[PDB]
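Depicted below, inobrodib in association with Histone acetyltransferase p300.
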Amino acid sequence: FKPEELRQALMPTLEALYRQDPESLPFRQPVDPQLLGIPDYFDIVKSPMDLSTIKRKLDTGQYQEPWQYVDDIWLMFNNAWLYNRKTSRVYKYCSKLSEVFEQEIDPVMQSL
Ligand SMILES: CO[C@H]1CC[C@H](n2c([C@@H]3CCCC(=O)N3c3ccc(F)c(F)c3)nc3cc(-c4c(C)noc4C)ccc32)CC1
Ligand code: NI
Ligand code: NI
Ligand code: NI
Ligand code: NI
Ligand code: NI
Ligand code: NI
């Protein structure tokens with residue numbers, strides 16, 4: 001896997017997430033527990049992940065192969081499904097992003 005060519009295949013699936021409005025809005029920056037006043041967040045969520053961090057990882061070439069990228073995307077989703085209640089807007093928005101992601105990523109993984 002050449003990093004620039006891998007980035008060209010993976011990045012459209014990240015943009016597809018960012019395009020989701022409002023559903024990507026809680027995911028575009030790292031969760032800020034001090035601003036949101038949720039001091040238990042880093043207790044429950046051991047490994048934070050968000051779209052901005054995944055973008056930087058993609059841009060800088062830290063994904064050697066596509067399943068590490070998939071793994072971080074799902075970590076983002078999984079953190080929010082763990083921390084947030086099923087009835088909450090963030091949780092529902094998370095499920096929406098995951099639905100978009102599976103639609104986007106499956107053709108890309110098969111082409112890779
Ligand atoms: C500047 O952009 C705004 C900042 C406030 C944000 N916000 C909000 C605000 C505050 C409360 C009321 C509300 O409805 N919010 C909100 C706002 C926009 C959304 F798209 C959304 F789904 C929820 N709640 C957030 C929750 C989380 C979160 C994630 C992801 N994982 O664990 C937690 C906790 C992250 C952000 C939240 C939503 C986007
Ligand atoms: Ni593009
Ligand atoms: Ni939408
Ligand atoms: Ni390499
Ligand atoms: Ni993982
Ligand atoms: Ni598409
Ligand atoms: Ni699938």
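All residue numbers in this chain count up from 1 along the given sequence. Atoms within each ligand, like the ligands themselves, are counted from 1 in listed order.
- For inobrodib, the full set of ligands or chains is ligand 1.
- The entry names the source of chain A as Homo sapiens.
- Nearest non-hydrogen protein atom to atom 7 (N) of inobrodib (ligand 1) is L36 CD2, 4.1 Å.
- At least one protein heavy atom sits closer than 4.0 Å to atom 26 (C) of inobrodib (ligand 1).
- There is a protein heavy atom closer than 4.0 angstrom to atom 30 (C) of inobrodib (ligand 1).
- Scanning the protein heavy atoms around atom 39 (C) of inobrodib (ligand 1), the nearest turns out to be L25 O, 3.8 Å.
- Scanning the protein heavy atoms around atom 20 (F) of inobrodib (ligand 1), the nearest turns out to be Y93 CE2, 3.1 Å.
- At a distance under 4.0 Å, no protein heavy atom can be found next to atom 9 (C) of inobrodib (ligand 1).
- The N/O atoms of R89, backbone and side chain alike, include one that comes under 3.5 Å of an N/O atom in inobrodib (ligand 1).
- Distances from atom 4 (C) of inobrodib (ligand 1) to the protein include no heavy-atom value under 4.0 Å.
- Residue-level proximity to inobrodib (ligand 1) for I38 is carried by the side chain, the only part with a heavy atom below 4.0 angstrom.
- When distances from atom 12 (C) of inobrodib (ligand 1) to the protein are checked, no heavy atom turns up under 4.0 Å.
- For atom 28 (C) of inobrodib (ligand 1), the nearest non-hydrogen atom of the protein is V31 CG2, 3.9 Å.
- The backbone and the side chain of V90 each have at least one atom closer than 4.0 Å to an atom of inobrodib (ligand 1) (non-hydrogen atoms only).
- Per UniProt, most contacting residues of chain A around inobrodib (ligand 1) lie in the domain Bromo.
- Considering backbone and side-chain atoms together, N84 places an N or O closer than 3.5 Å to an N or O of inobrodib (ligand 1).
- For atom 36 (C) of inobrodib (ligand 1), the closest non-hydrogen atom of the protein is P26 CB, 3.6 Å.
- Near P22, meaning under 4.0 Å from one of its heavy atoms, inobrodib (ligand 1) places the atoms 20 (F).
- With ligand atoms numbered from 1 in the order given, inobrodib (ligand 1) contributes 32 (O), 34 (C) to contacts under 4.0 Å with heavy atoms of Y83.
- Heavy atoms under 4.0 Å from inobrodib (ligand 1) belong to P22, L25, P26, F27, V31, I38, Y41, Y83, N84, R89, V90, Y93.
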